[PDB]
K.L.:
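Examining a structure with indinavir at the moment.
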There are 2 protein chains.
Amino acid sequence: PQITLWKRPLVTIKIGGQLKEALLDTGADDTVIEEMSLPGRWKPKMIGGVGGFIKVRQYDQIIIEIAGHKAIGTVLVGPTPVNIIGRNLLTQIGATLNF
Amino acid sequence: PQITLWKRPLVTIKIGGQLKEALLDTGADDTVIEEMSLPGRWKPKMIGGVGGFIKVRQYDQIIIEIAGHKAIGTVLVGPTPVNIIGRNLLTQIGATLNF
Ligand SMILES: CC(C)(C)NC(=O)[C@@H]1CN(Cc2cccnc2)CCN1C[C@@H](O)C[C@@H](Cc1ccccc1)C(=O)N[C@H]1c2ccccc2C[C@H]1O
């Protein structure tokens, strides 16, 4: 679709078989989802944004559906304030900014 | 224009008579610019990022040019790691996310 920005660009995702709401975030390098049980091995990671750094679980090669579009890639899991779809997966689904 | 997301979507902005580089950020509600001595009045604000909150100065009705497109709105100034153009100004320049 084409998504305007008057409201947060929230979409439904499917991850681990579960539906969640997430924010399409062009300012995020990576994808980070709130704490959940997720099938795969993981390793510790830290990511930083405004306000500082958080500790996350890094899961590689995770199947995720974003507004009906398939991606398979790195998903971080940890105490993010909101679920965030970042550029690593926005690129997979062919998302661009236009003006 | 169209901007892909293989790298951070950085553009040139003009604010306060100065050129800066800034990130077009659909995940950001607000626009946050690195410390700069903008004139006049401002209001204290705290804004929340992925890692917690930071202190900023809120300036209203600020003239800013984003990739050649003029606009006007609220700009938050403080110790941000990157200059961030958020939805309050992305809407003004008619930006969308497309896939
Ligand atoms: C107005 C303000 C700027 C404070 N907003 C944000 O920071 C929001 C906060 N919400 C949360 C919120 C908090 C409170 C209230 N409402 C919402 C989550 C989404 N972010 C938007 C992010 O796109 C901001 C960027 C900024 C940044 C870019 C590059 C380098 C440093 C900082 C961000 O945090 N990106 C980082 C990022 C993000 C996810 C995964 C990995 C990484 C690395 C890095 O790219």
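The chains carry the letters A, B, and so on, in the order of their sequence lines. The numbering of chain A matches the PDB entry: 1-99, in order. The residue numbers of chain B are those assigned by the PDB entry, with the residues present covering 1-99 sequentially. Values reported hereafter were calculated over all heavy atoms of this structure, with side chains retained and with hydrogens, waters and symmetry mates removed. Atoms within each ligand, like the ligands themselves, are counted from 1 in listed order.
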K.L.:
Give the place of indinavir in the structure, all copies included.
P.N.:
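The drug sits at ligand 1.
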K.L.:
Please name the chain that forms the largest contact set with indinavir, as given in the PDB entry.
P.N.:
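The chain with most contacts is Pol polyprotein.
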K.L.:
Around indinavir, which other chains have a heavy atom under 4.0 Å away?
P.N.:
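Heavy-atom contacts under 4.0 Å involve A, B.
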K.L.:
Would you say A:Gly51 touches indinavir, if touching means a heavy atom closer than 4.0 Å?
P.N.:
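Judged by the 4.0 Å heavy-atom criterion, A:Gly51 does not count as contacting indinavir.
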K.L.:
Using a strict 4.0 Å cut-off to heavy atoms of B:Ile84, name the atoms of indinavir that fall inside it.
P.N.:
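Counting from 1, the qualifying ligand atoms are 3 (C), 26 (C).
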K.L.:
I'm curious, what organism does the PDB give for chain A?
P.N.:
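Per the PDB, the source organism is Human immunodeficiency virus 1.
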K.L.:
For atom 38 (C) of indinavir, which protein heavy atom lies nearest, and how many Å away is it?
P.N.:
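Minimum-distance protein heavy atom for atom 38 (C) of indinavir reads A:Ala28 CB, 3.5 Å.
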K.L.:
Check indinavir against A:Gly49 and write out every atom of the ligand that is under 4.0 Å from a heavy-atom position of the residue.
P.N.:
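Taking each heavy atom of A:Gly49 in turn, indinavir has 32 (C), 34 (O) under 4.0 Å.
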K.L.:
Looking only at N/O atoms, are B:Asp25 and indinavir under 3.5 Å apart anywhere?
P.N.:
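In this structure, B:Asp25 places an N or O atom under 3.5 Å from an N or O of indinavir.
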K.L.:
For A:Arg8, is at least one N or O under 3.5 Å away from an N or O on indinavir?
P.N.:
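Yes, since at least one N or O of A:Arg8 sits under 3.5 Å from an N or O of indinavir.
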K.L.:
Return the closest protein heavy atom for atom 11 (C) of indinavir as residue, atom name and distance.
P.N.:
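For atom 11 (C) of indinavir, the nearest protein heavy atom comes out as A:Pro81 CB, 3.7 Å.
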K.L.:
Taking heavy atoms under 4.0 Å, what residues and nucleotides bind indinavir?
P.N.:
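With heavy atoms under 4.0 Å, it is A:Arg8, A:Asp25, A:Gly27, A:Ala28, A:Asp29, A:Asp30, A:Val32, A:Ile47, A:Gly48, A:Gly49, A:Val50, A:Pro81, A:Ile84, B:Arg8, B:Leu23, B:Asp25, B:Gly27, B:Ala28, B:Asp30, B:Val32, B:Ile47, B:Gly48, B:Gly49, B:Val50, B:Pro81, B:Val82, B:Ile84.
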K.L.:
Which protein N or O atoms sit under 3.5 Å from any N or O of indinavir? Give each pair with its distance.
P.N.:
| residue | atom | partner | partner atom | Å |
| --- | --- | --- | --- | --- |
| indinavir | 16 (N) | A:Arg8 | NH2 | 3.0 |
| indinavir | 23 (O) | A:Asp25 | OD1 | 2.6 |
| indinavir | 23 (O) | A:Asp25 | OD2 | 3.2 |
| indinavir | 23 (O) | B:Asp25 | OD1 | 3.0 |
| indinavir | 23 (O) | B:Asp25 | OD2 | 2.6 |
| indinavir | 35 (N) | A:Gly27 | O | 3.1 |
| indinavir | 45 (O) | A:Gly27 | O | 3.4 |
| indinavir | 45 (O) | A:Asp29 | N | 3.0 |
| indinavir | 45 (O) | A:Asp29 | OD2 | 3.1 |

